[PDB]
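Below you'll find the structure, written out as structure tokens, and then a few comments.
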Amino acid sequence: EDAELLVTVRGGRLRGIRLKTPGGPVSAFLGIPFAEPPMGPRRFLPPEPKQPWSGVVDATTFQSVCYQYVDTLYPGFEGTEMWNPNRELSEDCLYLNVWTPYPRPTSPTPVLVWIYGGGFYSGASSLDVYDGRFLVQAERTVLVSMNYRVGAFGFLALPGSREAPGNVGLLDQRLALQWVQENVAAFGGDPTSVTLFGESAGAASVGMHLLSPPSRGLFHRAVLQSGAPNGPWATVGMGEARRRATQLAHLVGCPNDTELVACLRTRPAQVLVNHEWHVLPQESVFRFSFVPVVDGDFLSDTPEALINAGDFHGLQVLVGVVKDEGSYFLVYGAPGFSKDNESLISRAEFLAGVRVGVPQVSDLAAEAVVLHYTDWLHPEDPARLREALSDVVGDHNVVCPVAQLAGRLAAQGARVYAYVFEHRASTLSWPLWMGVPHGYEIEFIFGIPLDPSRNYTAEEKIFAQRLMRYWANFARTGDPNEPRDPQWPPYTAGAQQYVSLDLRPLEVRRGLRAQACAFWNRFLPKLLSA
Amino acid sequence: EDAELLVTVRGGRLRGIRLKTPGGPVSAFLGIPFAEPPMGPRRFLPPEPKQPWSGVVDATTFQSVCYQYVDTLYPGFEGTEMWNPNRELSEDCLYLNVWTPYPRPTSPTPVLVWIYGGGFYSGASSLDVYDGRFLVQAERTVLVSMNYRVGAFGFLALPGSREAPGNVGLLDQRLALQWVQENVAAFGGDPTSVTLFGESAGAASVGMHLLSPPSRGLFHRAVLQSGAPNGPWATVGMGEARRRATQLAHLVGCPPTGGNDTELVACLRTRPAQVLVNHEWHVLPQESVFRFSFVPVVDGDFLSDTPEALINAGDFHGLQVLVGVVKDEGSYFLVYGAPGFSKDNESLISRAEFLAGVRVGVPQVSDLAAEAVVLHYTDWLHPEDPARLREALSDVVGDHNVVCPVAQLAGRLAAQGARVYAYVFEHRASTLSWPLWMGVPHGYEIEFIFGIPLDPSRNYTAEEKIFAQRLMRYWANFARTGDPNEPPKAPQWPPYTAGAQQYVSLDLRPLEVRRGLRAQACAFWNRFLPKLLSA
Ligand SMILES: *[C@@H]1O[C@H](CO[C@@H]2O[C@@H](C)[C@@H](O)[C@@H](O)[C@@H]2O)[C@@H](O[C@@H]2O[C@H](CO)[C@@H](O)[C@H](O)[C@H]2NC(C)=O)[C@H](O)[C@H]1NC(C)=O
Ligand SMILES: *[C@@H]1O[C@H](CO[C@@H]2O[C@@H](C)[C@@H](O)[C@@H](O)[C@@H]2O)[C@@H](O[C@@H]2O[C@H](CO)[C@@H](O)[C@H](O)[C@H]2NC(C)=O)[C@H](O)[C@H]1NC(C)=O
Ligand SMILES: COc1cc2c(cc1OC)C(=O)[C@H](CC1CCN(Cc3ccccc3)CC1)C2
Ligand SMILES: COc1cc2c(cc1OC)C(=O)[C@H](CC1CCN(Cc3ccccc3)CC1)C2
Ligand SMILES: *[C@@H]1O[C@H](CO)[C@@H](O)[C@H](O)[C@H]1NC(C)=O
């Protein structure tokens with residue numbers, strides 16, 4: 001038997017599995033329980049630490065995916081399916097995975113912790129695109145990823161109530177981070193060097209852990225990919241959380257918070273999922289029903305406020321976006337869009353599209369969006385309208401919240417690095433008009449192109465290797481840069497420098513869509529407040 | 001006596017003068033009375049037609065400049081002095097001028113009627129830069145210009161009252177236009193072919209005549225240079241006009257605030273002209289530039305609704321219009337009140353000075369409105385670069401006051417039947433004494449349109465002389481045909497339309513066609529900002 005694959009953690013003994021990569025083997029421990037199954041009376045409640053077990057837990061395979069909506073927009077299409085659950089759905093889903101070099105490191109190795117995105121309504125650590133084996137082999141880190149509750153199960157909130165306090169999916173993440181502090185050394189990992197990285201809702205999660213003091217002692221550096229806690233989709237107010245929870249109860253035949261939650265607890269998980277999208281107040285894209293709530297507890301204030309008022313000396317952060325953040329979302333609700341045509345929309349469709357991309361703002365606010373995003377020498381040109389609406393959704397939801405986060409953090413003591421990821425995968429099956437869509441840098445960060453059984457080019461493999469080195473350098477030192485030879489400069493509120501990530505050497509540029517983001521970050525709030 | 005210099009008009013006989021020009025003789029009839037003098041009891045009142053006279057009136061020199069403020073910002077500086085009165089100030093100022101070819105035209109000749117600018121508070125038809133001799137000689141048109149009352153004398157309004165109804169300066173202009181209809185034939189002019197042209201406040205006046213039915217029958221074509229009736233400086237509401245009128249009276253002791261209008265006006269009529277003028281700038285509610293105390297009032301009479309409304313809801317089929325702006329409409333105004341500015345230095349302002357300048361250049365709007373202006377005119381990759389800030393403030397003042405109002409008028413007119421032509425004037429005169437940072441400032445295309453560079457005593461280059469001849473040709477072609485284009489191989493000046501938005505650059509180089517009159521900027525001022533002010 002293989003002693004490298006036997007580990008004892010606080011709760012008992014584990015058996016892992018040896019995995020192959022083109023660079024040699026790696027040790028994997030998959031499906032380690034970190035909480036009691038949040039089932040029955042535990043639905044909607046904070047996670048409880050997993051009670052110790054006797055005998056040996058089989059950690060050789062991924063565990064169940066937390067209950068979630070399954071994307072059926074284009075049935076069979078690889079582009080949507082690669083994000084869907086690839087294991088059975090269950091509420092018994094609170095497991096985490098550890099990948100480590102082979103044989104296990106016998107000295108403290110820097111730890112990367114992955115938090116997946118999926119708008120807080122979906123995602124899983126078991127997805128192919130999140131395979132930790134290549135990063136661990138190539139960069140000799142320890143990699144941890146956890147499942148956390150999503151949708152109503154993780155984020156349904158009746159603020160003030162004990163039966164559904166909200167944010168429990170965030171607590172699932174915190175408990176996993178505490179698990180890492182207590183157990184990662186048993187795998188060769190160094191609990192004093194833990195870097196969080198996440199994408200979209202995962203990035204927003206990372207940011208929220210930054211702004212919540214009980215989490216802040218569980219890690220040392222942060223990476224936010226295409227997401228930020230201050231995104232207009234990433235939190236919801238107490239009032240609206242209560243309304244959405246109340247409408248869900250109504251839609252599934254339930255009626256006093258105690259009674260309401262008790263009736264919800266009797267419903268099959270799938271039933272809650274089937275009505276999830278229906279509690280959204282207006283037609284939209286890039287909006288999700290059950291998200292982190294600002295209730296004074298996990299988040300003592302809005303992330304915007306907490307950001308603006310924070311002291312971030314001692315912090316290093318890596319943040320960035322893809323080239324076309326908004327394009328992907330247009331096919332889920334914008335009139336005139338399809339992955340199967342050029343989506344060359346009309347001015348009228350563009351105008352309707354704006355209310356969908358920017359839901360629940362006043363007509364005046366919408367008018368201001370149309371003003372900024374119209375080229376008044378070509379107001380009706382379909383291609384420009386397509387690009388512009390992509391820009392609206394992308395700037396509003398991702399780029400400008402990330403820019404604002406980066407500016408405030410840098411101006412308040414943090415060292416920030418910024419990137420735009422500008423390579424379109426040769427294997428990408430979404431149409432060319434989408435450019436580089438949301439989510440499509442991840443496979444490169446994880447070194448998926450190194451997988452011989454996939455169709456990436458030789459250059460793409462080298463690129464993935466560069467990216468893995470940047471990310472792991474950052475985890476190790478707080479600085480992505482290799483030894484001098486073009487350098488990646490820190491982002492600051494003034495110079496606003498970032499690099500382009502693609503097949504070409506690093507290129508330094510200025511401004512994360514500064515003109516557009518001045519509108520979203522500086523002007524538009526003032527307008528709304530009047 | 002010389003037969004060419006004798007003309008009979010409806011009021012009596014006139015004797016003129018023979019003028020020399022580089023290209024041959026011109027007849028000029030300068031200082032023809034067209035109204036009874038608005039003296040004493042007639043102050044603030046609509047002009048009365050000049051009573052007929054016996055004998056011969058000598059129309060041989062420019063008459064008095066209408067009473068007005070005299071600009072003292074840079075005493076002795078030619079850049080400022082050239083706009084100041086060059087005849088004595090008098091309320092007895094309602095005279096016009098006719099220039100005609102020598103010998104007098106055998107067949108009816110197209111007429112150009114000039115209306116000077118000057119913010120409705122200043123200006124005169126006697127200024128050297130409005131000398132009509134060259135246009136008449138070069139292009140064989142008849143040229144008319146009139147004096148009209150300005151400042152309180154022309155535009156103080158107590159809306160409703162018969163004693164100061166407002167807009168009398170515009171009535172001065174109309175009376176002169178009626179005089180052109182009744183009398184221009186006697187000089188060989190065609191009353192069926194009359195083209196109005198004006199610059200700044202004169203351009204805005206031209207536009208108002210377009211929007212006022214009793215004026216509309218008096219002309220056929222219009223030219224608006226760097227001004228529009230819909231500019232935020234060009235009109236004022238009834239209540240604000242009354243407030244300014246009342247404050248003026250108060251500041252000069254009338255009555256011994258408000259009360260009976262009849263009495264308030266009667267007390268105002270007893271004040272010396274210069275006393276009114278000395279307090280004129282004091283009635284402006286906030287610190288500003290490009291704002292003038294007494295301007296046309298929207299009172300439902302001369303203007304039955306706002307110029308914006310009238311434009312938007314009008315039929316302009318059968319109308320030809322030529323409109324345009326200079327390259328740097330805003331720069332001139334900054335030295336009259338924007339912090340940090342001077343003609344004598346580079347005016348490389350700080351961000352703080354820029355922000356303060358914004359409130360001066362866009363006075364009396366909400367903090368939110370101002371923030372919207374700062375957003376659209378800040379380069380957020382270079383938010384504090386002094387030169388960029390200087391240029392930005394210039395654009396703010398220029399766009400808001402001139403370019404965007406002109407663009408809006410041009411687009412609405414085109415889309416509603418009018419054939420429209422648009423230019424941007426991009427030549428900086430070799431003789432310009434204002435500093436280089438001002439570029440091509442407000443007012444400095446006029447001298448070229450009038451052909452002033454053909455004046456031997458002046459020191460323009462040969463190219464500038466050639467350029468002047470081109471412009472005069474364009475303007476006269478438009479006057480004659482409603483189309484500035486040469487009736488060959490020469491580059492064509494296409495109509496301006498709401499969609500293509502084509503205009504030409506006018507400078508030493510040949511016509512270059514371009515798109516959009518500050519389109520991105522003007523979408524802010526014309527489409528969005530008004531919605532923000534309603535909410
Ligand atoms: C591009 O396609 C959109 C989406 O239409 C769907 O996908 C197409 C490939 C085709 O299979 C359609 O029949 C599908 O409905 C088109 O927008 C739709 O237009 C249809 C009428 O054909 C209308 O009933 C729907 O309301 C529209 N759907 C949306 C999302 O608004 C669009 O016309 C196509 N654009 C082109 C032709 O470039
Ligand atoms: C550029 O000039 C302005 C205007 O100041 C005047 O012109 C100068 C050439 C010089 O002769 C000054 O003394 C004149 O007053 C300057 O702005 C002024 O600054 C002074 C204090 O230094 C202040 O008292 C005035 O109020 C200011 N005037 C205005 C309109 O703000 C400006 O600072 C100069 N820029 C430079 C020198 O970089
Ligand atoms: C079912 O109804 C809806 C479903 C969705 C929306 C709106 C809906 O109704 C309004 C959206 O806005 C979502 C669009 C995203 C779906 C997942 N992908 C892939 C991805 C997953 C995880 C990380 C990065 C990329 C990005 C687009 C789904
Ligand atoms: C005395 O106080 C003020 C005086 C003025 C302003 C503000 C004032 O106080 C706030 C202005 O904004 C005016 C600035 C113009 C003066 C005349 N010139 C030349 C010109 C004349 C006629 C036509 C075209 C150009 C352009 C700038 C004057
Ligand atoms: C204002 O005073 C005059 C002068 O006596 C008078 O004729 C007029 O009727 C008065 N108006 C009013 C309404 O008091």
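A, B, ... follow the sequence lines: proteins, then strands. Residue 1 opens every chain. In listed order, ligands and their atoms are each counted from 1. Just so it is clear, the values below take in all heavy atoms, side chains as well, and ignore hydrogens, waters and symmetry mates.
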Practice task
List the chief contact partner of ligand 4 in this entry, with the name from UniProt.
Solution key: Acetylcholinesterase
Problem - Options flurazepam, donepezil, elafibranor, rotundine - drug at ligand 4 - result: donepezil
Problem - Other chains near donepezil (ligand 4) (non-hydrogen, under 4.0 Å) - result: B
Practice task
List the residues forming the binding site of donepezil (ligand 4), heavy atoms under 4.0 Å.
Solution key: B:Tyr69, B:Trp83, B:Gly118, B:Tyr121, B:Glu199, B:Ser200, B:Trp281, B:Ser288, B:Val289, B:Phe290, B:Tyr332, B:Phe333, B:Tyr336, B:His442, B:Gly443
Problem - Heavy atom of the protein closest to atom 22 (C) of donepezil (ligand 4) (residue, atom name, distance) - result: B:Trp83 CE3, 3.6 Å
Practice task
Provide, to 0.1 Å, the distance between atom 17 (C) of donepezil (ligand 4) and the closest protein heavy atom, together with that atom's residue and name.
Solution key: B:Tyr121 OH, 4.0 Å
Handout entry: B:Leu284 N/O under 3.5 Å from donepezil (ligand 4) N/O
Key = no
Exercise for the section: Starting from atom 1 (C) of donepezil (ligand 4), locate the nearest protein heavy atom and write down its residue, its atom name and how far away it is, to 0.1 Å. Expected result: B:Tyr69 OH, 3.2 Å
Problem - Closest protein heavy atom to atom 23 (C) of donepezil (ligand 4), given as residue, atom name and distance to 0.1 Å - result: B:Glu199 OE1, 3.5 Å
Problem - atom 19 (C) of donepezil (ligand 4): the protein heavy-atom neighbour that sits closest, reported with distance to 0.1 Å - result: B:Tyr332 OH, 3.2 Å
Exercise for the section: Please list every residue in chain B that UniProt marks as binding huperzine A and that has a heavy atom under 4.0 Å from donepezil (ligand 4). Expected result: B:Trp83, B:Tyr332
Practice task
Using a heavy-atom cut-off of 4.0 Å, name the UniProt galanthamine-binding residues of chain B that are that close to donepezil (ligand 4).
Solution key: B:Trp83, B:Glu199, B:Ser200, B:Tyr332
Handout entry: Atom indices of donepezil (ligand 4) within 4.0 angstrom of B:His442 heavy atoms, with elements
Key = 24 (C), 25 (C)
Practice task
Go through donepezil (ligand 4) atom by atom and flag the ones less than 4.0 Å from a non-hydrogen atom of B:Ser288.
Solution key: 10 (C)
Handout entry: atom 2 (O) of donepezil (ligand 4) - nearest protein heavy atom and its distance
Key = B:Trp281 CD2, 3.6 Å
Problem - atom 12 (O) of donepezil (ligand 4): the protein heavy-atom neighbour that sits closest, reported with distance to 0.1 Å - result: B:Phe290 N, 2.9 Å
Practice task
Measure the distance from atom 15 (C) of donepezil (ligand 4) to every protein heavy atom, then report the residue, atom name and distance (to 0.1 Å) of the closest one.
Solution key: B:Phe333 CE2, 3.8 Å
